[PDB]
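Below: the structure, in structure tokens.
Per chain, numbering begins at 1; letters A, B, ... match sequence-line order. Order of listing sets the numbers, starting from 1, for every ligand and every atom in it. Contacts are counted only within the shown part of the entry, which is not the complete deposit.
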Amino acid sequence: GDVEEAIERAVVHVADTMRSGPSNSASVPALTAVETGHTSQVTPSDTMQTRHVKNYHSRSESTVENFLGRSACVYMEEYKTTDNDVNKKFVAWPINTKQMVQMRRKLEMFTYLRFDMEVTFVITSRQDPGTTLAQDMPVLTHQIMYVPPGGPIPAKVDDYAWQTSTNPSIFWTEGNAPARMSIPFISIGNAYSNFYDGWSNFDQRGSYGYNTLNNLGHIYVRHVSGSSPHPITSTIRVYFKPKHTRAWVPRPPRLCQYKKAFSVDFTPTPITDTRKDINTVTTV
Amino acid sequence: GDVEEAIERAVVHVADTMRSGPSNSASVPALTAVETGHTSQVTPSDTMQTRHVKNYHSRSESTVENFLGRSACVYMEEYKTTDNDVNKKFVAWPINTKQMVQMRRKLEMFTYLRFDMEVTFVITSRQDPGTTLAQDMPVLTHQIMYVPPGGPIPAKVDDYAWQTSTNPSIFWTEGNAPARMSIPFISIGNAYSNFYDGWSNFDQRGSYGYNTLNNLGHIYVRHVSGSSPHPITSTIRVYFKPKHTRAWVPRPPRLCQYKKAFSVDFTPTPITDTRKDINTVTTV
Amino acid sequence: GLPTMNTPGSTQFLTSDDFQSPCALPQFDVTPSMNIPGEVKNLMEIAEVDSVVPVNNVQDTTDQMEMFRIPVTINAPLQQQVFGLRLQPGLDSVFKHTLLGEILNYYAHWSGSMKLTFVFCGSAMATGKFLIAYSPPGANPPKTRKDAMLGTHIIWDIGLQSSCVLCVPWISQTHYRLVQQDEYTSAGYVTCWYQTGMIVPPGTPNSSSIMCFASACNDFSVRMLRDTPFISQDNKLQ
Amino acid sequence: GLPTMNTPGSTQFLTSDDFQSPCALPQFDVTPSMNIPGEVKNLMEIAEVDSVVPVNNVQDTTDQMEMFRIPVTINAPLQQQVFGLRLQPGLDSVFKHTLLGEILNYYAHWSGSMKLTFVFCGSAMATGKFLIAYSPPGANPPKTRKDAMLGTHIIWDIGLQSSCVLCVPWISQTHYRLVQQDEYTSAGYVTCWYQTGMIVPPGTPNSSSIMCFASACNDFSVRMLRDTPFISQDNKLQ
Amino acid sequence: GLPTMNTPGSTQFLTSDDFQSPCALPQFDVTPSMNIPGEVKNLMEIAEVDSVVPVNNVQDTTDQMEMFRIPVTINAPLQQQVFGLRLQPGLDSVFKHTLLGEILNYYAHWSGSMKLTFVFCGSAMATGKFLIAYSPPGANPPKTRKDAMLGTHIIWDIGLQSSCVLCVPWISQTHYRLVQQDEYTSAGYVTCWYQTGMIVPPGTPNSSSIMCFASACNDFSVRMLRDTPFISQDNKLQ
Amino acid sequence: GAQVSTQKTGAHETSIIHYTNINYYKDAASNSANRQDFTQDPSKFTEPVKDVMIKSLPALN
Amino acid sequence: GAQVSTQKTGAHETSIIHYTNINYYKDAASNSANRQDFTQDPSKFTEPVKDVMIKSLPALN
Amino acid sequence: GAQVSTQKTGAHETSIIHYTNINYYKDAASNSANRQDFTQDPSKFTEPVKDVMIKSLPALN
Amino acid sequence: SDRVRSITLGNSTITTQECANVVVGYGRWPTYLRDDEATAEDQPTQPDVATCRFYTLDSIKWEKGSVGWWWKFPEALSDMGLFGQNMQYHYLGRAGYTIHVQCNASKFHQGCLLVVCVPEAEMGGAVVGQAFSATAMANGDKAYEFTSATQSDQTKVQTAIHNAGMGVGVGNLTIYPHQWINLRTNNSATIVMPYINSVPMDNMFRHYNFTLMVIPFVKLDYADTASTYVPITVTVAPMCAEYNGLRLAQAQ
Ligand SMILES: Cc1cc(CCCCCCCOc2ccc(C3=NCCO3)cc2)on1
Ligand SMILES: Cc1cc(CCCCCCCOc2ccc(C3=NCCO3)cc2)on1
Ligand SMILES: Cc1cc(CCCCCCCOc2ccc(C3=NCCO3)cc2)on1
Ligand SMILES: Cc1cc(CCCCCCCOc2ccc(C3=NCCO3)cc2)on1
Ligand SMILES: *C(=O)CCCCCCCCCCCCC
Ligand SMILES: *C(=O)CCCCCCCCCCCCC
Ligand SMILES: *C(=O)CCCCCCCCCCCCC
């Protein structure tokens, strides 16, 4: 009514070590058949004498919610306040999570993912170097607009599309706390796919790979009415923080360095690094 | 008293699909008389064998409150901090929703509308280019005043009317969160009219059309005491977000592009685009 | 003062935000409500209403109204095709400007079944049977009535009941398809063929028109609000 | 207004913060959940799964797959060493790229026991006994089977059961060790020796391979989330 | 939003503030606590412990350890003075670097009684009686045993019990005195005199040492946290 | 007098999902939107016929 | 309707360690993270064998 | 669940002197300081002798 | 013993005298789509015995120098009786499978294979940036092979075995449902894969749900025996196959 008792007063720990003494039996825990595709459930008490240890360690920091739940930079680009080239004055980004290596490797440890998304923007501006820099420009305001697939796309900073009568936009002024908002799980499927071993056409032709399922739309950003006498360059950095996460069918982590944003493509890389012989255990 | 239970724990979904098997009867659902002005209530189970499908989809995002409830730019204009022309230093806008195409098309999908209005202003300033730009101007403050029909209208930035002893005004300083306020349903009628097939005079003469019912007043905006040595240009953008909405008698969406702010006027536009023949179904 | 700490998002203006704000006209006495007929509560109520589909939107169109008339004639070759259209209610020119298509164009996702009602507009003396089918996506569209009859279809017989309803079911791998449809989100084709032929007695016109209406079923819904590609401007009006 | 006072931290963006924020898509109807097999809830579930350890990651490697094959041969000198490795699951090249090592590399601290499973892959006709031991840290690693047998060990006999599990216990002065292991946080060595020898009957190959799997036990956990040294870039991809 | 109004102090960083702030390592599992001996809860627990007072901190000191040895000798003139010190536990060189003085130097106010324990370190065969006194402030310090005996004192007799405790009471006009003591906050003097004399039998050394310990009593406390004058730097270390 | 109601479902399966609101202004115009009213009737438009028509039975005569 | 639950343990021995939360938004997507769910099962991965295998008994035959 | 406790005495004679606190974070590390625990024991340091010694009686023999 | 195993689906039965256990998906047994998880509204066909039965693909030879093979599903079964026919006539399909990999040698042979099923085994091209065609990864029941050397042919997939065509460490493929055939103890491997995807049903031609990989981690070796190669045979049975969206058959 007023207060509610969702208290988790009983939290999970790591397994205790049971005291274990000598044995002489036909029962043999240490011998198994790896061939079954089974990982052994052996513990020290099975193969040696152990003392009792009340273990209070907890796996709290390794839940998928926690592992994925930190904001990571997924994109960055610059847009000028004034320039002769129309395209240098605004950013148009096709939303995806494959261009920044760190976030990509983490998400890619799972095949399917389902989560809500917290998006934070970090926008900074700097005056371009030049011969004459004296000016007195008022504070800048930026507009970030999300255009769902199929909506009208802006062709220049001053076009009608920026009216956002229906698309969601954020107007933010410099000097303030970074802009932020939440987006729910928006896939047309039941989970987001990090990989897709298939084609776009029924023919088994067309696009191949996860890129065929990426149609989340674009993010467009411009200065509001910020034309300055001497150019100023703003850089926008977008951060993603998944929350209320669920993950399915885990995969080996990416070993080879990434080469392309929209394909699994790689260059063969060795299993691991080498040492002189199979018995080398020293450093020098 | 303290807490209140307005919880909507029972929300509406889209219709389930009922399992349906073979049939051989005199009862024939698929044949009707479109002539009655009736749209058929047929579902797949009426014309084919269906499996049962528990459908959880919901029409939440398509309620009129939701469709109309996003802020949209309805106007924008510039006013200078210093200029020789008196009129270049303040804005005078006759409130209406017909000048910005996106919002207009949405509202115009209904004949009558009744709602409260949330108004947000986005004001940005830029220093005008010139030979000598060095100055050190303190932060700017703007005044936005609403003048109901018949009230004294300002003729210049420094006139008595700006005293606002009774008209509502907002004083806002740059660098801060955009100004905002709510206005209740202010029509003299029971609902706002998007269209009006009639005249102003009983004679069936005078003004024709919705413009004859538009008398919501004006919005006047100026810099407070912002005269700067070198001119600065501010641009104000006004956003409307209807809330607590009700809509009546829906109409076909506007097909032809808009030509005038205060009239339905258009240029004939074809029904839709064409294809080579009535059987063409490929893309290339 | 009570100790507080501003979090990210503070001072921003999110277009789709939902906060309270001071009223500039304190205590304004609103005009009483009146019960006007035809209240709308959900845009889907509109999409559920039939509108005439410009099926015959062919290249050589001289007269605009011809787009609504599907031609049907006497002595047509056996098993002849009457028309063929691809199911992209929000993208294909045949549907994009109908009531249903216009509503779809303010959203990015859609799901549900559709009703395609066909009404025969020839004289009471003409007769005919037509096979109307729906083909779920696959690499190739049906080129023959034999191909078409393997999919979901209905055989329409003309009599007192002038109209017939082909209800195209929601058959998809995903729960929702995109309004800006692509190959992955492909929906298929709807085609019509002569089952027998349009037979006529002496003294009646040789050809007639069929009209097509379209509307959404009760399992239909849209998601992801977006601006429509159908309206624009280069300047403020006035 | 209610009197308030902003405290330090106000307006900052802490990457690991946990606040609420407005939803840009109000009332968006999420696609229904579906019960997909293989849900993961904790990364430790992955680290608890065996992966093949590249124990034979020697310098002269011609063929990459050779790294997974530990050589064992007939007529080996008595008490000969089969292999030796140092216990730094997150740092040593033998473990760093296994499932366990990869998970460890997203953290800075670790604690718990490990399972090293050895599987004999020679013919059913070969026989042999091996002594596999774990030596807690000390100034010097074991150089002889006599040295090795004083520590924690198991004597593996080959028969129907092809695999044997050496479970290396958590013996440490601190509750946790560093993933970026140092001398203070030293864990020791694991070595293998011929107990008897691999004997063979006529008509069978002269040498065979042994494989090594590694996984964490139920008392294992990691702490202090950190970025991995294993992935980088000089440019945005595309 | 809820209407609020920032008050003065908003956004400032006060070093001694006490607010909550977000945790950068959400859900970090802290290493379990262990019961280590010697827990301290209040700095006064330290000040209550005896430390050796460098009473003989005289100018000509050759050997540093001599500072802890108060000289006492045979055939001393009657009523001779052994030592004299001024009670400024946080300021005078005799006390400022003892445990008690060091703790006092992190504060600006102090109050309470003190224990000055004297221990005779000559042979078991030596004898002697000493008068140890405390003189509350006044314009002039005692110059003679006759002057000293009018104040608070104890007459110490040497025997099996080697140590004697002069407890200097808190006698002050104010509840607290300043650590950076001044005339207003004057505390007085502690002096020691021969009551009889140190007598010795044949075959024992002619002079001996007395040591002085100091600690706070249970009515002692400090106030007003401040930085100590005893530590500084011109550069960052390294 | 705070009002407590249910939220729109998120990525996770549903009790912890309710939010609380308190009105701070004297005018109802100041209140937030009615994002959660899902009452709906398509029949004024889909079937405005005087005589009701059951699907199974023929339309004319 | 405020929810009150326990905090993650700090440097000091544990009652004063509970925090309170109130949701301010109409969409569950707006809510903070589920930092405190510790349900866990490694057996889909460590032992997906049809016939269950007890450690004491031999693996084959 | 707000905690209410007494304040440290001020210039004026003491009921109006209690303050209230509510924790806003999920980790106890986030909490304010324990400025008010006055438990104290000087005997581990002032008297760590095996056999207890009463002041009135002599120290040796 | 437990080594003995018998499996019957439709008109086919499989028997093994020397097996390990039976690995089951992620502990998930195949099952028909429930009403509360469906989107496609038409009544599905569930051919039962006609499709849910054992199909034996063409055999292959394991030689001393073999490096590994892969087969993509459902493509590998596109020509198998009524299972293939149903795939052709329907827009959507759904199924789980019982995979039985057979390999017998002798008590004097040695060798060890990893038998894994990798869901969404999206692969990289031989030359980065260069697109390849479907034919580079699947074509009926044809076994594709990995290589030791890194692939140069741009019309192919990057076949270097140690990265399994996916850019990961081949020794970590064990997180996917798998079993080992160690010649010394086994003679076959059986893995039951449930339907795993991000959508309830999917088109069976356009999407390869999972890839079966058989990789020799320990090379085939033997002495003076007259037998040279050791055959490897794959037999698989669809389970709980159901299809929706009937229409004309897809030409290929
Ligand atoms: C980021 C990222 C990762 C990917 C894979 C895409 C996974 C997305 C899962 C579903 C998201 O919602 C959809 C939106 C549109 C489409 C689409 N498919 C055909 C083209 O557009 C499908 C799903 O590529 N970029
Ligand atoms: C594909 C795929 C799926 C993923 C995660 C990507 C999905 C991320 C969610 C999409 C978020 O997109 C935005 C939506 C709106 C806004 C925005 N609204 C207000 C202004 O900016 C910004 C980002 O991994 N692969
Ligand atoms: C915006 C907009 C839309 C229109 C049509 C006007 C609809 C307004 C509905 C009623 C608003 O309140 C009124 C105020 C004044 C008048 C008026 N009528 C004669 C001139 O002034 C009537 C209604 O034109 N511009
Ligand atoms: C005509 C008509 C009606 C509509 C909607 C238009 C009505 C919009 C409400 C009018 C809002 O006007 C304002 C009132 C006051 C202020 C203001 N008050 C404080 C300073 O600015 C700004 C706008 O559609 N057609
Ligand atoms: C409704 O008010 C009944 C319960 C009272 C709850 C306390 C309100 C919390 C502080 C906000 C006050 C709002 C003043 C604008
Ligand atoms: C839950 O609301 C039941 C108890 C009410 C507690 C009062 C809320 C304190 C002020 C915050 C109101 C939140 C409005 C966004
Ligand atoms: C404890 O919560 C029990 C009583 C609830 C008091 C209402 C809380 C006042 C508003 C602060 C909410 C804190 C959310 C971070």
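Found at ligand 1 is the drug WIN 51711.
Lab note: most contacts to WIN 51711 (ligand 1) come from the chain the PDB entry lists as protein (coxsackievirus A9).
The letters of other chains with a heavy atom under 4.0 Å from WIN 51711 (ligand 1) are A, C.
The entry describes chain C with the name protein (coxsackievirus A9). The residue-level binding site of WIN 51711 (ligand 1) (heavy-atom cut-off 4.0 Å) is A:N96, A:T97, A:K98, A:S187, A:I188, A:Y192, A:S193, A:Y210, A:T212, A:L213, A:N214, A:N215, A:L216, C:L178, C:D182, C:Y184.
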